[PDB]
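Snapshot of hyoscyamine at Hyoscyamine 6 beta-hydroxylase.
Quick note: residue numbers are just sequence positions, from 1. When a ligand or atom number is given, it counts from 1 through the structure's own listing order. No hydrogens, no waters, no symmetry mates; every other heavy atom, side chains included, goes into these values. According to its header, this structure was worked out by X-ray crystallography, 1.1 Å.
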Amino acid sequence: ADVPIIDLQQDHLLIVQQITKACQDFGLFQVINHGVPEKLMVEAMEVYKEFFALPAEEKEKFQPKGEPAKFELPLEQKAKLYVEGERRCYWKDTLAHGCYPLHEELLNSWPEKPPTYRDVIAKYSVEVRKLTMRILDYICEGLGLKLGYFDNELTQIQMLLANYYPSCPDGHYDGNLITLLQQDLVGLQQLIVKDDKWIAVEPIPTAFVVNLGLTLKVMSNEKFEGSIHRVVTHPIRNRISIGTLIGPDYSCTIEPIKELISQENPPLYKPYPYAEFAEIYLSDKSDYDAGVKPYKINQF
Ligand SMILES: CN1[C@@H]2CC[C@H]1C[C@@H](OC(=O)[C@H](CO)c1ccccc1)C2
Ligand SMILES: O=C(O)CNC(=O)C(=O)O
Ligand code: NA
Ligand code: NI
Ligand SMILES: [Sr+2]
């Protein structure tokens, strides 16, 4: 029950109530009957299976200056293969690119092999964004904000991170606003902070896992939780997951949503530049919320 599964074809008010409770209590939930075509979800996963099976000489096309990219600024939207962290038996290869707006220069950075990549992944990205914006509107209703509150610079960046985890038999907040993750194998765990317990997020191949980022934790003034989650390498399979990470542009200023502040809900963060946060978030792993620690105020 600590990972709620929310049916998006229930009554609207029940959806709002269930999403709001999940956001307050956990910061992570799954959605089913969510309106994204299952056929397209299957096709996207098949595209990534094909992509990660390509020979090394194809992979080199995504290695800037001959080596994988790192998650560091500037974080370009053009498609690259990234590595992140070290684990010994890379433990994670990620193909990442922006998706929105889909400028010609951005699209022409995407893979051309496998040949269906651009058609499938463009359609997938449009559908996942539409679902994300629906979820953000349910969140607006739960917070008491007008519909469309997040339909601006706060959602300007849509990074697709397709992750490949080589098998081996022997945690973070996402820094952005909100993430949708498609998975088909065990490996994702969520931290239940109140119980200091890591628990599995059941793989439902036709669902999306929704997790709130550190930006939404700040903007909600901690009325919502951000999700701290981690991945366990599979002992048998090479696991692939598909994340759509939506959030602000690098030129944005972030602060607790001003309309929700009150005498009993004073701001817990001062305004900060997203780019400055992003540098710390990507560099400083000393604590899960290191990226926002410099901006905390009104602590008691
Ligand atoms: C597992 N890691 C974590 C989460 C995904 C992956 C890569 C990195 O996160 C990002 O690169 C995202 C891209 O939007 C980001 C970058 C700067 C600011 C806010 C968010 C850290
Ligand atoms: O791959 C997964 O199951 C989870 N991925 C992430 O949390 C991430 O890339 O930020
Ligand atoms: Na393997
Ligand atoms: Ni994550
Ligand atoms: Sr539909």
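Tracing hyoscyamine through the model gives ligand 1. Any N or O atom pair closer than 3.5 Å counts here, and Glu84 shares at least one such pair with hyoscyamine (ligand 1). Atom numbering of hyoscyamine (ligand 1) starts at 1 in the shown order; those under 4.0 Å from a heavy atom of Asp174 are 4 (C).
Here atom 20 (C) of hyoscyamine (ligand 1) lies nearest to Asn176 when heavy atoms of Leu161, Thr94, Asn176 are compared.
Scanning out to just under 4.0 Å from hyoscyamine (ligand 1) turns up other ligands and ions: ligand 2 (N-oxalylglycine). Counting only heavy atoms of the protein, atom 8 (C) of hyoscyamine (ligand 1) lies nearest to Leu282 CD2, 3.9 Å. Ranked by closest heavy atom to atom 4 (C) of hyoscyamine (ligand 1), the top entry among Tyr281, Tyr173, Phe277, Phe71 is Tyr281.
For the pair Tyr274 and hyoscyamine (ligand 1), a heavy-atom separation below 4.0 Å is found.
Remark: hyoscyamine (ligand 1) atoms within the under-4.0 Å shell around heavy atoms of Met159 are 14 (O). According to the PDB entry, the source organism of chain A is Datura metel. When hydrogens are left out, the protein atom nearest atom 12 (C) of hyoscyamine (ligand 1) is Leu245 CD2, 4.0 Å; that is the closest non-hydrogen contact. Shortest contact from atom 17 (C) of hyoscyamine (ligand 1) to any protein heavy atom: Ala278 CB, 3.9 Å. The binding site of hyoscyamine (ligand 1) (heavy atoms under 4.0 Å) is made of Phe71, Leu75, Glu84, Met159, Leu161, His172, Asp174, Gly175, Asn176, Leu245, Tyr274, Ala278, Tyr281, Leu282.
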Pairwise, report which nitrogen or oxygen atoms of hyoscyamine (ligand 1) are under 3.5 angstrom from protein nitrogen or oxygen atoms, and how far apart they are.
residue, atom, partner, partner atom, Å
hyoscyamine (ligand 1), 2 (N), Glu84, OE1, 3.1
hyoscyamine (ligand 1), 2 (N), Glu84, OE2, 2.9

